[PDB]
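Notes on a structure featuring R-bicalutamide.
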Amino acid sequence: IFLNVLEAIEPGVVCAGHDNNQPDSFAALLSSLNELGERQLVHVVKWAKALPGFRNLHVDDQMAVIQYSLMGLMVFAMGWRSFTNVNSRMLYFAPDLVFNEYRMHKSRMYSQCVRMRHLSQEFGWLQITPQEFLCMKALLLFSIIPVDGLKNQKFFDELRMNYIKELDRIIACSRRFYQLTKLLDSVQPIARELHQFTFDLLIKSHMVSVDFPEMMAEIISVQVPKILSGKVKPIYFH
Ligand SMILES: C[C@](O)(CS(=O)(=O)c1ccc(F)cc1)C(=O)Nc1ccc(C#N)c(C(F)(F)F)c1
(Lines of atoms letter the chains of each structure in order from A and count residues from 1; the text may use other names and numbers.)
(Lines give C-alpha, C1' and ligand atoms only; values in the text may rest on other atoms or scores of the structure.)
Protein backbone atom coordinates (compact mmCIF):
# COMPACT_ATOMS: atom_id res chain seq x y z
CA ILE A 1 0.00 0.00 0.00
CA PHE A 2 2.64 2.54 1.01
CA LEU A 3 4.69 2.07 -2.16
CA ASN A 4 1.54 1.93 -4.27
CA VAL A 5 0.73 5.41 -2.96
CA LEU A 6 4.22 6.86 -3.44
CA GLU A 7 4.36 5.65 -7.05
CA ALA A 8 0.87 6.97 -7.77
CA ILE A 9 1.55 10.49 -6.49
CA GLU A 10 5.06 10.91 -7.93
CA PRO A 11 5.17 14.14 -10.00
CA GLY A 12 5.69 13.93 -13.74
CA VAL A 13 8.03 15.92 -15.98
CA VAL A 14 8.21 19.68 -15.40
CA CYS A 15 9.58 22.09 -18.01
CA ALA A 16 11.37 25.36 -17.21
CA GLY A 17 10.19 27.22 -20.31
CA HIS A 18 13.77 28.23 -21.04
CA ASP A 19 14.51 29.74 -24.45
CA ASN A 20 17.33 27.45 -25.55
CA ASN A 21 18.29 29.47 -28.65
CA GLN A 22 19.32 32.44 -26.52
CA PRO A 23 22.93 32.85 -25.29
CA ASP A 24 23.89 31.13 -22.04
CA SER A 25 24.05 34.20 -19.80
CA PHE A 26 23.88 34.32 -16.00
CA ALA A 27 20.69 36.38 -16.14
CA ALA A 28 18.90 34.10 -18.59
CA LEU A 29 19.92 30.87 -16.88
CA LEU A 30 18.96 31.87 -13.36
CA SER A 31 15.72 33.56 -14.40
CA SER A 32 14.82 30.18 -15.91
CA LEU A 33 16.00 28.26 -12.81
CA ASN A 34 13.86 30.60 -10.69
CA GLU A 35 10.82 30.00 -12.91
CA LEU A 36 11.43 26.24 -12.76
CA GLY A 37 11.53 26.43 -8.98
CA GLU A 38 8.18 28.20 -9.09
CA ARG A 39 6.82 25.44 -11.32
CA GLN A 40 8.23 22.52 -9.30
CA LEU A 41 6.90 24.02 -6.06
CA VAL A 42 3.37 23.72 -7.43
CA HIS A 43 3.93 19.99 -7.99
CA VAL A 44 5.70 19.46 -4.68
CA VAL A 45 2.77 20.95 -2.77
CA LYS A 46 0.21 18.62 -4.40
CA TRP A 47 2.64 15.73 -3.94
CA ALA A 48 3.18 16.34 -0.22
CA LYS A 49 -0.48 16.88 0.64
CA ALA A 50 -1.28 13.51 -0.97
CA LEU A 51 1.37 11.74 1.12
CA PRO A 52 0.15 9.19 3.71
CA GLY A 53 -0.47 10.98 7.02
CA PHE A 54 0.72 14.42 5.86
CA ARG A 55 -2.71 15.97 6.49
CA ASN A 56 -2.38 14.95 10.15
CA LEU A 57 0.05 17.88 10.45
CA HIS A 58 -1.26 21.30 11.43
CA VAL A 59 -2.13 23.32 8.31
CA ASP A 60 0.54 25.92 9.04
CA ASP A 61 3.12 23.19 9.70
CA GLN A 62 2.33 21.61 6.35
CA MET A 63 3.23 24.75 4.41
CA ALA A 64 6.30 25.44 6.56
CA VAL A 65 7.70 21.93 6.13
CA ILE A 66 7.19 22.04 2.35
CA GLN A 67 8.92 25.42 2.00
CA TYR A 68 11.86 24.53 4.23
CA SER A 69 12.51 21.26 2.41
CA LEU A 70 11.77 22.41 -1.14
CA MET A 71 15.43 22.93 -2.07
CA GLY A 72 16.57 19.48 -0.90
CA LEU A 73 13.54 17.76 -2.43
CA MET A 74 14.29 19.38 -5.77
CA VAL A 75 18.01 18.52 -5.56
CA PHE A 76 17.35 14.86 -4.75
CA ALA A 77 14.77 14.43 -7.50
CA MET A 78 17.05 16.26 -9.94
CA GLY A 79 19.98 13.98 -9.15
CA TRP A 80 17.81 10.95 -9.83
CA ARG A 81 16.56 12.34 -13.15
CA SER A 82 20.11 13.14 -14.26
CA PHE A 83 21.17 9.61 -13.34
CA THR A 84 18.30 7.92 -15.19
CA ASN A 85 18.33 10.20 -18.24
CA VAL A 86 21.86 11.33 -19.08
CA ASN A 87 23.50 8.93 -16.62
CA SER A 88 24.79 11.79 -14.45
CA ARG A 89 26.77 13.07 -17.44
CA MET A 90 25.11 16.48 -17.17
CA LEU A 91 22.59 18.06 -14.75
CA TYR A 92 19.02 17.41 -15.92
CA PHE A 93 17.07 20.24 -14.23
CA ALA A 94 14.32 19.91 -16.82
CA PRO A 95 14.05 18.50 -20.38
CA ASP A 96 14.46 22.04 -21.70
CA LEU A 97 17.11 23.10 -19.18
CA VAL A 98 20.03 20.66 -19.15
CA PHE A 99 23.35 21.93 -17.82
CA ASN A 100 26.64 21.09 -19.54
CA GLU A 101 30.03 22.32 -18.28
CA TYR A 102 29.63 25.72 -19.97
CA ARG A 103 26.26 26.35 -18.33
CA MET A 104 27.59 25.19 -14.95
CA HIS A 105 30.20 27.96 -15.25
CA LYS A 106 27.94 30.66 -16.73
CA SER A 107 25.41 30.07 -13.93
CA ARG A 108 28.14 30.86 -11.38
CA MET A 109 27.00 27.72 -9.53
CA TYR A 110 29.80 25.50 -10.80
CA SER A 111 30.98 24.20 -7.40
CA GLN A 112 27.41 23.40 -6.35
CA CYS A 113 26.73 21.67 -9.68
CA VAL A 114 29.77 19.47 -9.10
CA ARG A 115 28.40 18.36 -5.73
CA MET A 116 24.99 17.72 -7.31
CA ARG A 117 26.53 15.58 -10.01
CA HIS A 118 28.36 13.67 -7.24
CA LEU A 119 25.00 13.00 -5.57
CA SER A 120 23.50 11.94 -8.91
CA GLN A 121 26.37 9.51 -9.37
CA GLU A 122 25.70 8.00 -5.94
CA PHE A 123 22.38 6.68 -7.25
CA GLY A 124 24.43 4.55 -9.62
CA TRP A 125 27.26 3.62 -7.25
CA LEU A 126 24.76 2.57 -4.57
CA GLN A 127 22.43 0.94 -7.11
CA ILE A 128 19.47 2.77 -5.55
CA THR A 129 16.14 1.24 -6.59
CA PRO A 130 13.08 3.26 -7.63
CA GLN A 131 11.39 2.17 -4.39
CA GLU A 132 14.34 3.23 -2.23
CA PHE A 133 14.42 6.54 -4.09
CA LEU A 134 10.72 7.13 -3.48
CA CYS A 135 10.89 6.33 0.24
CA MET A 136 14.03 8.43 0.71
CA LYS A 137 12.51 11.44 -1.05
CA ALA A 138 9.41 11.25 1.12
CA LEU A 139 11.68 11.15 4.20
CA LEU A 140 13.50 14.28 2.96
CA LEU A 141 10.26 16.24 3.32
CA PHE A 142 10.43 15.49 7.06
CA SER A 143 14.11 16.35 7.52
CA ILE A 144 14.23 20.06 8.35
CA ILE A 145 12.42 21.93 11.14
CA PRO A 146 12.52 24.96 13.50
CA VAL A 147 14.80 24.43 16.51
CA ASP A 148 11.90 25.77 18.60
CA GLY A 149 9.53 23.20 17.09
CA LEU A 150 6.47 23.24 14.82
CA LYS A 151 2.93 24.13 15.92
CA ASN A 152 2.33 20.42 16.51
CA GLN A 153 5.77 18.83 16.85
CA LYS A 154 4.54 15.55 18.33
CA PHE A 155 2.52 14.72 15.22
CA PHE A 156 5.51 15.56 13.02
CA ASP A 157 7.84 13.39 15.12
CA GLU A 158 5.34 10.53 14.90
CA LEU A 159 5.07 10.83 11.13
CA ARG A 160 8.83 11.13 10.59
CA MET A 161 9.33 7.94 12.61
CA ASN A 162 6.74 6.17 10.44
CA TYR A 163 8.54 7.16 7.24
CA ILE A 164 11.83 5.96 8.69
CA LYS A 165 10.07 2.65 9.39
CA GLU A 166 8.93 2.43 5.77
CA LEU A 167 12.50 2.95 4.56
CA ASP A 168 13.54 0.12 6.88
CA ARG A 169 10.82 -2.17 5.48
CA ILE A 170 11.80 -1.50 1.90
CA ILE A 171 15.43 -2.33 2.70
CA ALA A 172 14.28 -5.50 4.46
CA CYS A 173 20.15 -4.62 5.90
CA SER A 174 22.25 -2.64 8.37
CA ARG A 175 24.86 -1.74 5.76
CA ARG A 176 22.12 -0.64 3.38
CA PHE A 177 20.43 1.51 6.02
CA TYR A 178 23.80 3.08 6.85
CA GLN A 179 24.41 3.86 3.17
CA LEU A 180 20.95 5.27 2.50
CA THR A 181 20.89 7.46 5.62
CA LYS A 182 24.38 8.70 4.72
CA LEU A 183 23.13 9.59 1.23
CA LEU A 184 20.10 11.43 2.65
CA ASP A 185 22.38 13.42 4.97
CA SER A 186 24.55 14.42 1.99
CA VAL A 187 21.63 16.35 0.47
CA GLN A 188 21.55 18.93 3.27
CA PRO A 189 25.00 20.50 2.82
CA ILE A 190 24.18 20.90 -0.88
CA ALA A 191 20.75 22.44 -0.23
CA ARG A 192 22.41 24.81 2.26
CA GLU A 193 24.85 26.13 -0.36
CA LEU A 194 22.01 26.64 -2.83
CA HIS A 195 20.00 28.42 -0.13
CA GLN A 196 22.91 30.79 0.55
CA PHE A 197 23.48 31.42 -3.15
CA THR A 198 19.76 31.96 -3.78
CA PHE A 199 19.45 34.41 -0.89
CA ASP A 200 22.43 36.49 -2.00
CA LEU A 201 21.10 36.45 -5.56
CA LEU A 202 17.67 37.73 -4.56
CA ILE A 203 19.20 40.59 -2.59
CA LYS A 204 21.21 41.73 -5.63
CA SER A 205 18.75 40.57 -8.32
CA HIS A 206 17.87 44.10 -9.42
CA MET A 207 21.52 44.70 -10.34
CA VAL A 208 22.20 41.47 -12.23
CA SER A 209 18.95 41.44 -14.22
CA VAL A 210 17.66 38.23 -12.64
CA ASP A 211 13.91 37.80 -12.23
CA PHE A 212 12.29 35.97 -9.31
CA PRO A 213 8.66 34.79 -9.46
CA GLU A 214 6.37 35.97 -6.63
CA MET A 215 6.23 32.80 -4.51
CA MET A 216 9.95 32.14 -4.78
CA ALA A 217 10.73 35.72 -3.73
CA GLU A 218 8.47 35.28 -0.70
CA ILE A 219 10.03 31.97 0.33
CA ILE A 220 13.61 33.24 -0.12
CA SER A 221 12.99 36.34 2.02
CA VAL A 222 10.68 34.82 4.66
CA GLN A 223 11.65 31.16 5.12
CA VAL A 224 15.23 30.83 3.82
CA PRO A 225 16.65 33.48 6.20
CA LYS A 226 15.28 31.39 9.07
CA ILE A 227 17.49 28.55 7.88
CA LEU A 228 20.55 30.74 7.21
CA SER A 229 20.17 32.41 10.64
CA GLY A 230 19.99 29.06 12.43
CA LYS A 231 16.32 29.14 13.49
CA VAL A 232 15.47 26.25 11.19
CA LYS A 233 17.89 23.33 10.89
CA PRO A 234 18.04 20.00 9.06
CA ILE A 235 17.71 16.72 10.93
CA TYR A 236 20.87 14.71 10.29
CA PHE A 237 21.01 10.98 10.96
CA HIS A 238 24.77 10.90 11.56
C1 LIG B 1 18.47 29.40 -7.95
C2 LIG B 1 17.03 28.88 -7.84
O3 LIG B 1 16.28 29.30 -8.98
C4 LIG B 1 16.37 29.42 -6.57
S5 LIG B 1 14.58 29.04 -6.42
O6 LIG B 1 14.21 27.95 -7.38
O7 LIG B 1 13.78 30.27 -6.71
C8 LIG B 1 14.26 28.49 -4.79
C9 LIG B 1 13.83 29.41 -3.83
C10 LIG B 1 13.59 28.99 -2.53
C11 LIG B 1 13.77 27.65 -2.18
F12 LIG B 1 13.54 27.25 -0.92
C13 LIG B 1 14.20 26.73 -3.14
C14 LIG B 1 14.44 27.16 -4.44
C15 LIG B 1 17.06 27.35 -7.82
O16 LIG B 1 17.69 26.75 -6.95
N17 LIG B 1 16.27 26.78 -8.72
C18 LIG B 1 16.13 25.47 -8.93
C19 LIG B 1 15.22 25.06 -9.90
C20 LIG B 1 15.12 23.71 -10.22
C21 LIG B 1 15.92 22.76 -9.59
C22 LIG B 1 15.71 21.40 -9.98
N23 LIG B 1 15.53 20.32 -10.30
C24 LIG B 1 16.85 23.15 -8.63
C25 LIG B 1 17.80 22.16 -7.91
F26 LIG B 1 17.23 21.73 -6.79
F27 LIG B 1 18.12 21.09 -8.63
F28 LIG B 1 18.96 22.72 -7.59
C29 LIG B 1 16.93 24.51 -8.31
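In chain A, numbers come from the PDB entry; the residues present are 672-843, 852-917, in order. Determined by X-ray crystallography, 1.8 Å, according to the entry header. Just follow the structure's listing: the first ligand is 1, and inside any ligand the first atom is 1. Only heavy atoms go into these numbers, but all of them, side chains included; no hydrogens, no water, no symmetry mates.
- Measured by close contacts, the chief partner of R-bicalutamide (ligand 1) is listed under UniProt as Androgen receptor.
- Most residues around R-bicalutamide (ligand 1) in chain A come from the UniProt domain NR LBD.
- On a distance-only criterion, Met780 and R-bicalutamide (ligand 1) share no N/O pair closer than 3.5 Å.
- Backbone and side-chain nitrogen or oxygen atoms of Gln738 are examined, and none is located within less than 3.5 angstrom of a nitrogen or oxygen of R-bicalutamide (ligand 1).
- Any N or O atom pair closer than 3.5 Å counts here, and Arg752 shares at least one such pair with R-bicalutamide (ligand 1).
- Atoms of R-bicalutamide (ligand 1) found under 4.0 Å from any heavy atom of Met745 (numbered from 1 in listed order, with element): 13 (C), 14 (C), 23 (N), 26 (F), 27 (F).
- According to UniProt's 17beta-hydroxy-5alpha-androstan-3-one-binding annotation of chain A, the residues with a heavy atom under 4.0 Å from R-bicalutamide (ligand 1) are as follows: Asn705, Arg752, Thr877.
- The deposit names the source of chain A as Homo sapiens.
- Nearest non-hydrogen protein atom to atom 15 (C) of R-bicalutamide (ligand 1) is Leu704 O, 4.3 Å.
- With the cut-off at 4.0 Å and only heavy atoms counted, the binding site of R-bicalutamide (ligand 1) comes to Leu704, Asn705, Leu707, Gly708, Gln711, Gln738, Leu741, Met742, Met745, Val746, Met749, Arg752, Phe764, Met787, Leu873, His874, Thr877, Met895, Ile898, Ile899.
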Please tabulate, one line per pair, the protein nitrogen or oxygen atoms found under 3.5 angstrom from a nitrogen or oxygen of R-bicalutamide (ligand 1), with distances to 0.1 Å, or say none if there are no such pairs.
unit_1, atom_1, unit_2, atom_2, d
R-bicalutamide (ligand 1), 3 (O), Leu704, O, 3.2
R-bicalutamide (ligand 1), 3 (O), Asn705, N, 3.1
R-bicalutamide (ligand 1), 3 (O), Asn705, OD1, 2.5
R-bicalutamide (ligand 1), 17 (N), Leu704, O, 3.2
R-bicalutamide (ligand 1), 23 (N), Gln711, OE1, 3.4
R-bicalutamide (ligand 1), 23 (N), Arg752, NH2, 3.0

